[PDB]
Amino acid sequence: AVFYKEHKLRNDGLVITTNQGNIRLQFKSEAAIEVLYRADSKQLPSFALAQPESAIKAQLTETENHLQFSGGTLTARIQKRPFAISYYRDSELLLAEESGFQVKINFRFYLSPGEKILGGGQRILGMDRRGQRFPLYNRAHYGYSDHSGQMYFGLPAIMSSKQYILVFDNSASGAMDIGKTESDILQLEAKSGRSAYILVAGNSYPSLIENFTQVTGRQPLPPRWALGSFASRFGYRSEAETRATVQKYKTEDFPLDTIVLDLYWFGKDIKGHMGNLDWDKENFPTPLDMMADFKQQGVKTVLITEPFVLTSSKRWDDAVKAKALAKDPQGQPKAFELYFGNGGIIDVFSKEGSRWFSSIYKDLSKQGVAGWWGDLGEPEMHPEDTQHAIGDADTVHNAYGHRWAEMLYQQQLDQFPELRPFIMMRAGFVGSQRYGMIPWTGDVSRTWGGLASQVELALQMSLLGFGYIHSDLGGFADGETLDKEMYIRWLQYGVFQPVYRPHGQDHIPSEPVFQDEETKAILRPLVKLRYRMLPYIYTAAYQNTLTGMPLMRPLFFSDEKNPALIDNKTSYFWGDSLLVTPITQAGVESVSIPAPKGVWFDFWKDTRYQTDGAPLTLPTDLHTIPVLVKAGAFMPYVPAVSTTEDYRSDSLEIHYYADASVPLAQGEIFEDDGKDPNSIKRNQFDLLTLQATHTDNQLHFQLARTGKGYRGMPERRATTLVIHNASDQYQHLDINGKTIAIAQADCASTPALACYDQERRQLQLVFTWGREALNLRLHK
Ligand SMILES: C[C@H]1O[C@H](O[C@H]2[C@H](O)[C@@H](O)[C@H](O[C@@H]3[C@@H](O)[C@@H](O)[C@H](O)O[C@@H]3CO)O[C@@H]2CO)[C@H](O)[C@@H](O)[C@@H]1N[C@H]1C=C(CO)[C@@H](O)[C@H](O)[C@H]1O
Ligand SMILES: O=C([O-])C(=O)[O-]
């Protein structure tokens, strides 16, 4: 039995006193409220909030039975007796507490009938997790395939079809019960930790996500090389093998930006060496030369690191001496069994552990390491009696990886203020994206089921802050011989998801350069396509940094009034314009694509489809996966390069998909130096915009550039604009008012400025795009 007793509005927070204690409400923005119970006691701080001490001006009004605490769009309605808080956007109820807070920590909310609930981070349970319950406890799930209620990277957060996001801002071992035990009840539980939740509202799914990342953090733009081709396996055994692999990419003519060194870089065996955090010189004898030699070829080196320092490693004594490891209640360094051996865990929550760990990253970075891979941050093994500076293992568990990323991010920015950190990790918390965390979906099995689960996982993570979620392409775990068709399908999908990193246990090759001739013939032009599409991908990355908009978007974005679309985990949007349907079973001969109503084109074949709702049936082939382009799309390309270090935008090729059903369309291309972490903030970029206006007798393109530019920016770009499904009735082109004839023959065989290819229904315009506004008008 809880009831209101009194409140105090100071400042700018609402502090309510019930018969059970104090509750603090603070708006972190016009659309987001933090609600802290047991406010009067000392608790762990928020981890989810980027600005935890924020509190914007809200209006408070009181009635006999209620208080109202209202921000711009979100309003908290506080019922006095019994005590219950409910949340409104406009006049629409978003979410209501049932019993609300109870004591070990428990939050209970009503769920609406028919309300669909995404969230929980990585689970393989279906997109709508309502009817499910599962732990909040980051944990490895080795060799998972088509089901999981608990894996590496959980998030204590949900997204509702009511268009709100609820965050349980708690780092402890806990649980989420989404109307499983009781049909109309959402229950959040934790053994300890902070007793707070955060509700974020939005008027659309993109707006919801923009509002959510506003308060939890926006991902800094990754270096452009993060979007390129990675060579990886578990693992290169020597410097010779590593150099041979870089060489294999060169001789096989596959693009390569980065090679990733797994745990053999610091030891001869899988077990016993973890914590050495230094080169195994027997097998990597000249690592500085190795990294310098790779940089000469435009190739970065990334090294794996882990939280665990084994008692058998060379750094045990020093870590103990430095007080860098978590302790037992008795006060000694805590040592325990984990897969890799016997050892302790670096206390990243302590000053000592942070300084000790950070100095190691600095030293290796100075030697030439370009980026960092932090594995096992669940932490994979984390005994209950382990004590960190700010709480026991069960209390801080779900934030360990989060803090580890913060430490490393801060360390990298302090060391290299003019470069963007690359940090790939397996586990984090809400908001970890603000430290640049790039997560991958762990040790997936080498099975079709493992591949088939990746879109669900990526969408679930993307919706809640993580634009660069991706998988070990081709699959990681076990297997005894390559499943060739599966591998190909996985690396094809790979082109259209955030990070192109094939990786697997090395008894089967994960790199595409080690595959048979047929596989390479299929994948080589696709890996090159990935590079040619850098302007499209890097622009989506830019938008993610701006607004939180994920690179992969769910089908349900296409119709917010059709909740049934939420269930779809088989087709997704890659950027604004591509609808991608991965093939996830062997021998599939055709696919049914639930394309949104409108006009769509086969990405590979240029075929035009129109639909008023019925799905489209496309045949499959082994060399592609089915991809449709939305009418009105501007698809920008540059020539393929071997490494993003060689990237040029002097030559642009842009494909516009024309249809009268799209009378107005817009595109943009974000260009900067690919490396400056301050480029966006300082406007040191070249933002290209294209606008198409398509009427009965005219098709008009307006081109412009903004931004202050950057060193090496081309003043003038040679541009080839290819208009698909172009009318055959255009007779002339005006460029800035100067009329030019459109040739109607030999379009591919002459250096023509404007030509129409009647067999392909493509109209090609070739011109110079300088710094001034440029207008192109086609007239019938
Ligand atoms: C490569 C991974 O090694 C370790 O995984 C162990 C795992 O701990 C064992 O339990 C597992 O046995 C499983 C069983 O758990 C059972 O669930 C399943 O049905 O049978 C399996 C029998 O093989 O054995 C594996 C070792 O093969 C470790 O826990 C795990 O984190 C490791 N993966 C990470 C480490 C590396 C290597 O540095 C990275 O390459 C990888 O990307 C990373 O995720
Ligand atoms: O759309 C058009 O104008 C056409 O196809 O002729």
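Chain A is numbered as in the PDB entry, which gives 35-137, 141-817 for the residues shown. Going by what the header records, the deposited coordinates were determined by X-ray crystallography, 2.0 Å. Hydrogens, waters and symmetry mates are skipped; everything else that's a heavy atom, side chains included, is used. Ligands are counted one by one from 1 in listed order, and the atoms in each one are counted from 1 as well.
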Partner of ligand 1 with greatest heavy-atom contacts, name from UniProt: Oligosaccharide 4-alpha-D-glucosyltransferase
Drug name for ligand 1: acarbose
Acarbose: binding-site residues, heavy-atom cut-off 4.0 Å: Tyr179, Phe271, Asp299, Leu300, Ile341, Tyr376, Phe377, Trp410, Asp412, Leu413, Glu417, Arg463, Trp477, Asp480, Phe513, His540, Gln542
Acarbose N/O within reach of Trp410 N/O, cut-off under 3.5 Å: no
Acarbose atoms in contact with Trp477 (distance to a heavy atom under 4.0 Å): 42 (O), 44 (O)
Closest approach of any protein heavy atom to atom 36 (C) of acarbose, naming residue and atom: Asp412 OD2, 3.4 Å
Closest UniProt-annotated active-site residue of chain A relative to acarbose, heavy atoms to 1 Å: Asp480, 3 Å
Flag: protein heavy atom within less than 4.0 Å of atom 16 (C) of acarbose: no
Covalent partner of acarbose (residue and atom): none
Element-labelled atoms of acarbose that are located less than 4.0 Å from some non-hydrogen atom of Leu413: 31 (O)
Min N/O separation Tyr376 to acarbose under 3.5 Å: no
Numbering as shown, the atoms of acarbose that approach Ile341 to under 4.0 Å (heavy-atom distance): 38 (O)
Shared residues: UniProt acarbose-binding in chain A, heavy atom under 4.0 Å from acarbose: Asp299, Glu417, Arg463, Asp480, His540
Nearest protein heavy atom under 4.0 Å from atom 26 (C) of acarbose, yes or no: yes
Verify atom 19 (O) of acarbose: protein non-hydrogen atom under 4.0 angstrom away: no
Heavy-atom protein neighbour under 4.0 angstrom from atom 12 (O) of acarbose: no
Atom 44 (O) of acarbose protein-contacted, heavy-atom criterion under 4.0 angstrom: yes
Numbered atoms and elements of acarbose in range of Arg463, under 4.0 angstrom, heavy atoms: 31 (O), 33 (N), 34 (C), 43 (C), 44 (O)
Distance filter under 4.0 Å to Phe513 heavy atoms, resulting acarbose atoms: 1 (C), 40 (O), 41 (C), 42 (O)
Nearest neighbour in protein (non-hydrogen) for atom 39 (C) of acarbose: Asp299 OD2, 3.5 Å
Is_contact(atom 2 (C) of acarbose), protein non-hydrogen, under 4.0 Å: yes
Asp509-acarbose polar pair, N/O distance under 3.5 Å: no
Protein heavy atom at shortest distance from atom 22 (C) of acarbose: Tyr179 CE2, 4.7 Å
Identity and distance of the protein heavy atom lying nearest atom 29 (O) of acarbose: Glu417 OE2, 2.6 Å
